[PDB]
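Throughout, residue positions are numbered sequentially from 1 according to the sequence presented. Determination method: electron microscopy, 3.3 Å. Basis for what follows: all heavy atoms, side chains included, without hydrogens, waters or symmetry-related copies. Read the numbers this way: they start at 1 and go in the same order the structure lists the ligands and their atoms.
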Amino acid sequence: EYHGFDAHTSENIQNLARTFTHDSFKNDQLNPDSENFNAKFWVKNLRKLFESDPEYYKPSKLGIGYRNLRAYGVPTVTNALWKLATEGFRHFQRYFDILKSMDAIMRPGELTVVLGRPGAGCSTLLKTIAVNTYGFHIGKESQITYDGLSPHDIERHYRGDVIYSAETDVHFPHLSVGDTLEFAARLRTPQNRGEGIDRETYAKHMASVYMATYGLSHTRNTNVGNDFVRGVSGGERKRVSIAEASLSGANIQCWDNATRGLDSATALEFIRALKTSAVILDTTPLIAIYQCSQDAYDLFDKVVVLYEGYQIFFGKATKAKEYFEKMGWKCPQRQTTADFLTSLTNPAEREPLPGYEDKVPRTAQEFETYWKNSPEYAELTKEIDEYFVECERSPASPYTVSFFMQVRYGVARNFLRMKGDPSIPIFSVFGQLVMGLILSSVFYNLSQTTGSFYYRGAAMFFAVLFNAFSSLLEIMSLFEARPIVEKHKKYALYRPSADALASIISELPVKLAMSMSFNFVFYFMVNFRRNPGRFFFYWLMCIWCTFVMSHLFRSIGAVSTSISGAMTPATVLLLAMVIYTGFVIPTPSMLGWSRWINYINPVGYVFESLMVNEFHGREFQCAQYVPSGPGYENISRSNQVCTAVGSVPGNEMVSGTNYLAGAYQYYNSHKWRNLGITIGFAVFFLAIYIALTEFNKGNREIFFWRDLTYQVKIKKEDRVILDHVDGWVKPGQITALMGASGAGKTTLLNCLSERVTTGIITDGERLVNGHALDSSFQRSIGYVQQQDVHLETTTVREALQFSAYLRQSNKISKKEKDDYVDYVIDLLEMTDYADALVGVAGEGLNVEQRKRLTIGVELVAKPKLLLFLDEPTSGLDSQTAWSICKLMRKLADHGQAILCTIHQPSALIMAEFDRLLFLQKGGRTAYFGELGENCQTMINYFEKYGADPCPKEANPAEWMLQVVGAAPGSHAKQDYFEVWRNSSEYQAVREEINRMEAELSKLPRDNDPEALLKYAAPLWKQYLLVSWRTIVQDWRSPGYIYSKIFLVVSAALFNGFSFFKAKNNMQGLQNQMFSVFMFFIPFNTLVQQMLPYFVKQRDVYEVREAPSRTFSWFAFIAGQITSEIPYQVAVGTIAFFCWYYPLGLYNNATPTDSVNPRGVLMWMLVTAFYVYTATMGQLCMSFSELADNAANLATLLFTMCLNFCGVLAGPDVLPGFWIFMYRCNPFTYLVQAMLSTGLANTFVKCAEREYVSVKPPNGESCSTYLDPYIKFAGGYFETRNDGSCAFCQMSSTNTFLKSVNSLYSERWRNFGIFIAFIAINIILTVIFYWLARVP
Ligand SMILES: CCCCC/C=C/C/C=C/C/C=C/C/C=C/CCCC(=O)OC[C@H](COP(=O)(O)O[C@H]1[C@H](O)[C@H](O)[C@H](OP(=O)(O)O)[C@@H](OP(=O)(O)O)[C@@H]1O)OC(=O)CCCCCCCCCCCCCCCCC
Ligand SMILES: OC(Cn1cncn1)(Cn1cncn1)c1ccc(F)cc1F
């Protein structure tokens, strides 16, 4: 373990120094070989000497002195708009004091502790000391100095010497401790003149020395880890944070609750590390702690006590107790001094001494007045004034290395991070390769005739898209590494711009690999121009396109906070760019209001360049001459003409240049200009991204058990976890259950309540009044978990009412349930915040309120037998733990039987329990019985069986733990299990259990048939309640429904008004088909938005509501499925109204007088599409754990469905292999139904550019020459007054609809098929969730 720089640590440092000085080999106190060499002096000298000393003033230590310091500071979805308007009006155009006058001085090498109750201003004080005043202001009368410097000097020039870090250890999970510390050592090492010593080896030696100092040498080559990623222990992560902070050159270090959620054995090591840093490296550590042990308190040098923002004492930690006792306060026996000082601000505690009850401060003002009047304050003020006088009498860039060095080190660290977790690049490259192969399969081997003119247009449109979004997932790397970048900026290590540049540079190999793997396959599987130069130009254009898109995505993400948050507004922009690339709406078809968008579209130029490269200067063999068929068997080719935009009469080949000029209006003079435009766009977006990164940042029945033995299978070997345990509980008694780490107290608690998912019971038996456990036991107990798992939107009253309704017997009327909920609220003292939203931990109920709500949720269910509590007091400050203990005592007084597991309690807390069950290592009970007054009886047990007498001022818990040798460094005289087995107290317990079993059995039973039911409420009631709760939670979510509405409305309006009043020419029909195709894009964003709110509900249900048997899994999954339907239906209605009418599709129904039926069918189709989106998202999420994986799988399946939906290529051109994917596609039928409903049964009028000139034979007219063909195939013609006929190949939209395999007579059937698919999804969900999650 860590014992704070013992002799062997000095030996290790001496060996390291010997190795370092021998490596560079190729006074007495600094020679590792010479005797009388002290590691402390070597470590101190390493930082200053053995490196060049810049002429700039750089302090090696800091201390802060200040006087007169004062700091002060100033919903559903319907009302969200009103709240936003009010907030904006407030933005357009009293004082609540936090910290009152304070005076203090902290010198280097002294560890300081800020004591006080929560909300007393300790965190604010430590923020002020660390020049972190953001969010409030300090008074102008306050005199603050840092060894003669100024707060603004520290803020701007000397940033990084003073650091603040409170509760979150932000590290890279997959980076080893050695690498993490080497990075800081390298970045903090000055360069200047490196002659005489290598910088790399010096940094390595410094990192190794600091690892040795903080006892982290054994953690080298081990991943730092995280709460999710496994790595070093939680107590080692804190020491890693300390080592990194001290290695970067921080002198003043402020921590708030950095030890929160740590056991005493590890909090003590944290304080020991802080003390070691203070004494060896002359740092100034300040810590704000709420649960401090006596051993930890013995390490503090100075203490500052805060009472509602008033500093009531500052001085040596060994004199606070005497000062406050002289004030007239009595310290209760067996109370740690830290707890005494903290409780001296609690009216419930803080009992005055006898005779001092009349003259003692009672309010914060009186305490402050006493402190000011005391001689200690006078001495402190004199010392601070002298320090100020001494300081008065006697670097633009806080960073150390140059920008190039910062970029280089960032690139190296990013490469190391990729090496540690190489899953993402490999997955991205393989996905790109596979999806490019699949996409090229449909476009395989495009022919050389004009029949490919469309497909060659589509392929090049989908190549660019594939290159555009290939780097979309890299944005994730921005969000993961953001907190670490902010921390290292606050440490004055490197700038955010340097990290951005390093991130851009590091993924260039990945970008190149993806580009090669996709383009090389695609350009050749899809038959494009085979010229090597053409391929290389295409590759260059794709490379520049992907650079532009990557920079744009990075710019968008630099000002975001979440993937869905960035995708909601960015989806509209990306859809607009995709639409105006130049293929969906060719330039001739673009409207006047939107022709400007194409000018500022970075992808339109790429598409134009690629199309020019492929088509210009190319001749395509004609595939279909318009006059042909049975009536035209032998005619001259002079009369015929090709069916293409640029076709020339009498020509057997069509030139690519004419087709490009006519259809798209692309020209070869723009082939290279577009490259320059794209390069300029890339540079502009890169500059914007860097600028944003730099700037935009910042109970009659009795339950007992006998001989309970419990074993589990570990490494294919049986292990005994519980060894013949026995005991009981009785109404009105609290039975603490304690033991060592390996005592298995938690295992005993879980096994008693039947919450263990493994193991078997061998010898024991659990009884209720002597009767075995029936099926009604699980519903006759309450269980309060350590963690508080509640929905963030439900109110306290609603949270209690849900449980009361779903867990109480049905015969009880709703009024009785509400009355009991009110009674429980009154009992637990929640009337003040009965209607308050639970909210998140940071904003909402505090820890005590959340724990009270957790207890109440179980109480309202009316447990009849027992109330298990899993560590109720753990993870709470002394006062909140005291309050919870008093609440438990009150509950016991009311007739409840309580059995609680207790971990590391204080003497006062332990004195409140009625009975104790103490477990040794291996589940062996050492003591079971009443602990008497002040734990006296328990003390009277061990002392009477050969144990050292308990100290008069020691905590009984710690003493009894160390008597049995459980505590580290403690020696047990003998195993106390055998002592307990034959002690005349085990005999009493056995006799009592036997008497209870023999006697209580005679009592008449209370056999209630409803008790023997798995769930209290019927299935339909559970389903209805769960669905309504989910609907309300979605409605009250802050910005979810509005996000969906905004995304859908914007996308639908843009799509509708891009094709506003679309004309029915030959190109207009294709444009409208691709409009329908693009109507489905918001699928991915909707799924991503919706999944997290399913994650939250699933977590809440499975963690707590599943074992409690509140409702069945079916009522959960069906409720989740039903919750989303109404919102999707409303969204689909809005989208249909925003898209159908702007396109003017109703005009296609006027000729046949079928406006209403077709409109109704289209509305149903759109709403069904949205419902299908929701069902598919839920299906893909059912069997997966993480939401990101479910979203990715849904996107992949949607892409596969869209590829083979019949738009890009019909079944005739699709390879026979993929035909099944064309039939099993839910989207083929949807697209066919939509197209047939919106386009069928109307006329077609060709545009001027689409008419093909036909020269009739000499001595013939247009009609007499073209009528037989018109009878064969549709179309019409016009006379151009020149002798030629302008022919249009299509006269009715039915021809195009048949070309796309869409029929107007099969719309309804198609619709039905789509509905079937929706049904399937739902069914699959209800099955998959059972297979993957239900146990
Ligand atoms: C960290 C960032 C990393 C980014 C990656 C870095 C990338 C840097 C690359 C720098 C390389 C720059 C090369 C520029 C030199 C162009 C010289 C041709 C200029 C020209 O102009 O060549 C026109 C004809 C086609 O022209 P065309 O068929 O469309 O029409 C004309 C005819 O070519 C004809 O020649 C007559 O014109 P000229 O006599 O030439 O003036 C007239 O004929 P007609 O009008 O009567 O038909 C017409 O103008 O190019 C052709 O064939 C094919 C010729 C190769 C096309 C580009 C070269 C390939 C790129 C290099 C490598 C690709 C990426 C590199 C690796 C990627 C990742 C590692
Ligand atoms: O990524 C695609 C293009 N694509 C890639 N392989 C096959 N088609 C598919 N896609 C992704 N989500 C939905 N469809 C795309 C990207 C953006 C876009 F606007 C359309 C579009 F088809």
**Request:** List the chief contact partner of ligand 2 in this entry, with the name from UniProt.
**Result:** Pleiotropic ABC efflux transporter of multiple drugs CDR1
**Item:** Which of nimesulide, fluconazole, clopidogrel, rolipram at ligand 2
**Value:** fluconazole
**Request:** Give the UniProt transmembrane segment numbers of chain A, counted from the N terminus, with a heavy atom closer than 4.0 Å to fluconazole.
**Result:** 1, 2, 5, 8, 11
